[PDB]
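Summary heading: complex between fluorouracil and rRNA N-glycosidase.
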Amino acid sequence: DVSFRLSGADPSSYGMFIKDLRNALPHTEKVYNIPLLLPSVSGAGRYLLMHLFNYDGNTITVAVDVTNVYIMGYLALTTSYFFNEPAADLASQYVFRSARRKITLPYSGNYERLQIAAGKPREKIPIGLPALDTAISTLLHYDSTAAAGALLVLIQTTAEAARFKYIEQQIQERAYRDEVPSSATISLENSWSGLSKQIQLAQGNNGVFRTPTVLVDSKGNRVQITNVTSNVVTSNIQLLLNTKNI
Ligand SMILES: *[C@@H]1O[C@H](CO)[C@@H](O)[C@H](O)[C@H]1NC(C)=O
Ligand SMILES: O=c1[nH]cc(F)c(=O)[nH]1
């Protein structure tokens, strides 16, 4: 299981935690040198548990589906919380079984629903390590509205970071000062599926995308991705959603 402690955390250890997180996700083949996530995994092995310690030392353990990196729920002391969706439902059958009581949140785990519950788009939610420390603290003491925003932070400083090196770096820059994500970061988070798909469909198409993926670069400019030589593919994306799950 992968751990990360916010006390004494700096860009280096966060990077190491994020590396650990990538290493914990199983894969058989690589596509254009990028680990390909399994189509499916049966049993409790389908879930990865992240122990997260906030600055004061308090911890929550988060359950992640290793086939897509989606957070399914988490455990705070003796209570367990899972999103209101089938996947998480299934997941609750394998993790945090010993929790003295289980709560299901009033929303599913997709950004659309979390932004509603939180009452604000993630474009306006500062992220960073300090922000992660808050999020961890927030989830310990239940408040579905607060948790929604906390989860939007956790998902991005965790899952999205593992998936994209750019995002990992965005977080390292925000190690001592939170800042809303650049729209490039949002652009990526929303293109993971499309990119995972087009990168796989390129395997038999000479590394050329059947359909190009439109993103926004760091300068804020609209940009098209047509082939695996792009830096997005050669340098950025670190994991790929298996096309079986698309
Ligand atoms: C592929 O993408 C590269 C990098 O963005 C770009 O310079 C080039 O025009 C593209 N080439 C082809 C054949 O699509
Ligand atoms: O829409 C989503 N994207 C990525 C995630 F990890 C998630 O839970 N929801």
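The PDB entry numbering applies to chain A: residues 1-246, in that order. This deposition comes from X-ray crystallography, 2.6 Å. For ligands, and for the atoms within them, numbers begin at 1 and follow the listed sequence.
- Mapped onto the model, all copies of fluorouracil cover ligand 2.
- Near fluorouracil (ligand 2), within 4.0 Å on a heavy-atom basis, the structure shows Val69, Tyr70, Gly109, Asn110, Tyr111, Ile155, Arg163.
- Close approach of fluorouracil (ligand 2) to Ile155 (heavy-atom distance below 4.0 Å) involves ligand atoms 5 (C), 6 (F), 8 (O).
- In this structure, atom 2 (C) of fluorouracil (ligand 2) lies nearest to the protein heavy atom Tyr111 CD1, 4.0 Å.
- Atom 5 (C) of fluorouracil (ligand 2) has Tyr70 CD2, 3.5 Å as its closest protein atom, hydrogens excluded (heavy atom only).
- Listed by atom number, the atoms of fluorouracil (ligand 2) under 4.0 Å from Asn110 heavy atoms are 1 (O), 9 (N).
- Using 4.0 Å as the cut-off, no other ligands or ions neighbour fluorouracil (ligand 2).
- Residue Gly109 places at least one N or O, backbone or side chain, under 3.5 Å from an N or O of fluorouracil (ligand 2).
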